[PDB]
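Structure showing triclocarban engaged by Camelid Nanobody VHH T9.
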Amino acid sequence: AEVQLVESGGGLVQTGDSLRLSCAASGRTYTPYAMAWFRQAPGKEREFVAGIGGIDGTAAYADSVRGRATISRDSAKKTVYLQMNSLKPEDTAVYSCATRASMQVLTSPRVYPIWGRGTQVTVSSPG
Ligand SMILES: O=C(Nc1ccc(Cl)cc1)Nc1ccc(Cl)c(Cl)c1
């Protein structure tokens, strides 16, 4: 593909912890285009978590992460960040970022042609 995505910043954490995921884009990038984080637990479909697009850096969040997540981008670093706070075991999944040749952020995975590999996020009851 003309753009490659590589996620980092996943981890193994405890309930209540924070993690900052990063998506580093390379190739023929255009930073106002929609960047969308999805997550996928085993057996389950990928679901939208958060996304950013457009000239205002407009953020959209799934109800699942209502009040716990902040998405942002740094155009000079071609990087999108997803800060997740107050993590809980139900958040465990592989998080992957995806992009498409439009500033329009959409919640369907179907409309994104370009995907990263994913990073693992595991949240366990403290111990
Ligand atoms: O480049 C991007 N997205 C992007 C978004 C934010 C940052 Cl910081 C960096 C890159 N998309 C894109 C670009 C070209 C094509 Cl063909 C397609 Cl299909 C998608």
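Here, residue 1 is the first one in the sequence, and each next residue gets the next number. Numbering of ligands and ligand atoms starts at 1, following listing order.
Within 4.0 Å of triclocarban (ligand 1) on heavy-atom distance sit the residues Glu2, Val3, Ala25, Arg28, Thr29, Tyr30, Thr31, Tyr33, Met35, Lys78, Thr79, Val80, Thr99, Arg100, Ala101, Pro113, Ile114. Remark: triclocarban (ligand 1) atoms within the under-4.0 Å shell around heavy atoms of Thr29 are 1 (O), 10 (C). Residue contact check: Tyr33 has heavy atoms under 4.0 Å from atoms 2 (C), 3 (N), 5 (C), 11 (N), 12 (C), 13 (C) of triclocarban (ligand 1). Taking every non-hydrogen atom of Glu2 and a distance limit under 4.0 Å, the qualifying atoms of triclocarban (ligand 1) come out as 16 (Cl).
At the shortest separation from atom 14 (C) of triclocarban (ligand 1) among protein heavy atoms lies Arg28 O, 3.3 Å. When only non-hydrogen protein atoms are considered, atom 6 (C) of triclocarban (ligand 1) lies nearest to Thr31 O, 3.3 Å. Protein heavy atom closest to atom 5 (C) of triclocarban (ligand 1), with residue, atom name and distance, is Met35 CG, 3.1 Å.
For triclocarban (ligand 1), the polar-atom distance check against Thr99 finds a nitrogen or oxygen pair separated by under 3.5 Å.
Those atoms of triclocarban (ligand 1) with a heavy atom of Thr79 less than 4.0 angstrom away are 8 (Cl). According to the PDB entry, the source organism of chain A is Lama glama. The contact set between triclocarban (ligand 1) and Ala25, taken as ligand atoms under 4.0 Å from a residue heavy atom, comprises 9 (C), 10 (C). When hydrogens are left out, the protein atom nearest atom 1 (O) of triclocarban (ligand 1) is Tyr30 N, 3.0 Å; that is the closest non-hydrogen contact. When only non-hydrogen protein atoms are considered, atom 18 (Cl) of triclocarban (ligand 1) lies nearest to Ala101 N, 3.5 Å.
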Under 3.5 Å, N/O to N/O: give me all the pairs between triclocarban (ligand 1) and the protein, one per line with atom names and distance.
| unit_1 | atom_1 | unit_2 | atom_2 | d |
| --- | --- | --- | --- | --- |
| triclocarban (ligand 1) | 1 (O) | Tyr30 | N | 3.0 |
| triclocarban (ligand 1) | 3 (N) | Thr99 | OG1 | 3.0 |
| triclocarban (ligand 1) | 11 (N) | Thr99 | OG1 | 2.9 |

